[PDB]
Participant: 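So I pulled up a structure with ibrutinib in it.
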Amino acid sequence: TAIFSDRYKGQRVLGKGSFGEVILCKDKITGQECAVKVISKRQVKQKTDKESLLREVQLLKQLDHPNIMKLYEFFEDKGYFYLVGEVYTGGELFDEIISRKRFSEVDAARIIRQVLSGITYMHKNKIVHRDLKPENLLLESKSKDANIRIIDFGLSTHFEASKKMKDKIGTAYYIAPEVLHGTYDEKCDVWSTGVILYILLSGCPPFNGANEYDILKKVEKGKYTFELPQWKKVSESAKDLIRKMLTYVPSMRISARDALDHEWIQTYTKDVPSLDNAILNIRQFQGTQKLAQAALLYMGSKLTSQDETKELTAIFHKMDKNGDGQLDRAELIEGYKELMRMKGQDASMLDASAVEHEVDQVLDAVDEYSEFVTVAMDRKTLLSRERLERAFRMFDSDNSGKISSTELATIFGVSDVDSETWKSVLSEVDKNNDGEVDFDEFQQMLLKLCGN
Ligand SMILES: C=CC(=O)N1CCC[C@@H](n2nc(-c3ccc(Oc4ccccc4)cc3)c3c(N)ncnc32)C1
């Protein structure tokens with residue numbers, strides 16, 4: 001049997017994705033770079049037996065399509081699954097779209113064609129995505145012509161969707177009604193692609209609401225309109241395809257394959273204005289979604305840190321069998337290894353070598369075990385804290401330094417934080433009734449919302 005750390009070494013942590021953290025890794029012999037999704041058997045419940053998962057893995061390894069992430073290898077140990085595939089460097093589709101001069105029906109059609117083509121291919125092979133959303137769409141490279149790669153095909157079939165809002169963020173917009181009710185098939189992916197197309201052409205989700213449950217209610221009802229002004233500058237054939245994709249009864253819904261043949265895909269991927277309003281709305285949409293996301297991740301990292309800080313102090317105290325408050329390099333390493341032995345393996349610490357290295361990074365800064373803990377945990381939180389500052393600066397497009405109480409409502413609503421609870425927290429911070437918070441205030445609000 002093969003061990004993952006015998007073959008690969010961690011380079012960078014790429015981020016949190018569905019069901020797990022993704023690491024840029026490198027083959028120890030060949031120097032081949034790869035992206036690895038690490039799935040914690042603790043945090044995620046399986047829906048199928050081991051035999052069925054292995055069988056799916058084997059098939060996925062043989063499949064090949066230019067719009068589908070390529071899987072190379074699969075590993076399993078006591079506590080983890082490791083899905084090893086091709087690295088893509090162009091980031092998420094929507095992030096590229098917001099940094100564009102012009103965007104038209106031609107651009108959207110070229111995008112949708114790719115998605116549909118990838119989906120069609122996978123449906124032929126009896127694989128359903130079920131969780132398709134903008135963040136599942138990566139661009140292959142930084143190039144302007146670069147292909148879209150759909151990630152995560154085949155995961156939702158074998159793993160139960162997280163119930164934590166940190167993981168649920170932004171899922172409600174895209175889910176087909178029949179997924180909510182339990183009887184679903186491959187048509188659910190056409191629905192989600194229809195929702196994505198709708199957003200691409202208007203910058204607004206077709207089913208919206210002030211919170212998660214409110215969005216699900218609208219989805220379940222199935223009603224939506226092209227009433228928004230920006231739809232006036234959009235072709236009738238686009239709206240027609242949307243209607244067919246967002247058809248309530250799945251048996252009456254257009255297939256992925258027939259969507260490829262639709263008048264709209266044919267004409268605009270074969271004299272077209274730029275949807276300026278849509279670019280402006282998508283930029284707002286994306287900023288909103290990413291700040292809400294950063295906020296929840298920041299709170300989680302804060303809690304995780306508090307938990308680990310105390311545990312690490314309790315390890316270094318027990319190890320300090322002479323009681324002086326200071327320790328040697330080797331002790332710190334064995335202690336830090338104990339922390340991951342108990343609290344579970346960390347993203348950037350795939351093996352014993354990774355921990356040794358991390359300790360030395362902390363020690364190179366410290367120039368007293370309490371001071372080691374401080375810097376160590378600070379380094380653990382760094383990426384969530386700066387993701388917060390950056391998403392805050394991104395959202396604050398006017399560089400005003402502030403976010404209004406209206407904007408907060410939208411942010412907390414997407415974060416699914418109780419309206420009465422954050423208003424309460426806002427009152428304690430905004431004692432001046434400015435109706436707005438700066439970054440530090442915003443950050444204090446979040447600390448108060450996670451028990452601090
Ligand atoms: C701005 C945030 C951004 O871009 N993100 C957010 C942070 C993670 C990034 N990410 N993820 C993958 C990837 C890697 C492995 C994988 O496992 C399989 C699951 C099922 C079947 C086969 C493989 C799924 C996705 C990934 C990747 N491959 N390449 C580059 N980034 C990746 C994208």
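Sequential numbering from 1 along the given sequence is applied to the chain's residues. For ligands, and for the atoms within them, numbers begin at 1 and follow the listed sequence.
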Participant: List the chief contact partner of ibrutinib in this entry, with the name from the PDB entry.
Facilitator: Calmodulin-domain protein kinase 1
Participant: By chain and residue number, what forms the binding site of ibrutinib with heavy atoms closer than 4.0 Å?
Facilitator: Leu14, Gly15, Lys16, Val22, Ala35, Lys37, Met69, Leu71, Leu83, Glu86, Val87, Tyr88, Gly91, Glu92, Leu138, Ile151, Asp152, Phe153, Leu155
Participant: Any idea which atoms of ibrutinib are less than 4.0 Å away from a heavy-atom of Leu71?
Facilitator: 22 (C), 23 (C)
Participant: Using distance alone, decide if ibrutinib has a nitrogen or oxygen within less than 3.5 Å of any nitrogen or oxygen in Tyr88.
Facilitator: yes
Participant: What atoms of ibrutinib come within less than 4.0 Å of a heavy atom belonging to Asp152?
Facilitator: 19 (C), 20 (C), 24 (C), 25 (C)
Participant: Give the atom numbers and elements of ibrutinib that come within less than 4.0 Å of a heavy atom of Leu14.
Facilitator: 7 (C)
Participant: Which of the atoms of ibrutinib are close to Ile151, meaning less than 4.0 Å from one of its heavy atoms?
Facilitator: 25 (C)
Participant: In terms of atom number and element, which parts of ibrutinib are under 4.0 angstrom from non-hydrogen atoms of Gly15?
Facilitator: 7 (C)
Participant: Output yes when the distance from some N or O of ibrutinib to some N or O of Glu86 is under 3.5 Å, and no in every other case.
Facilitator: yes
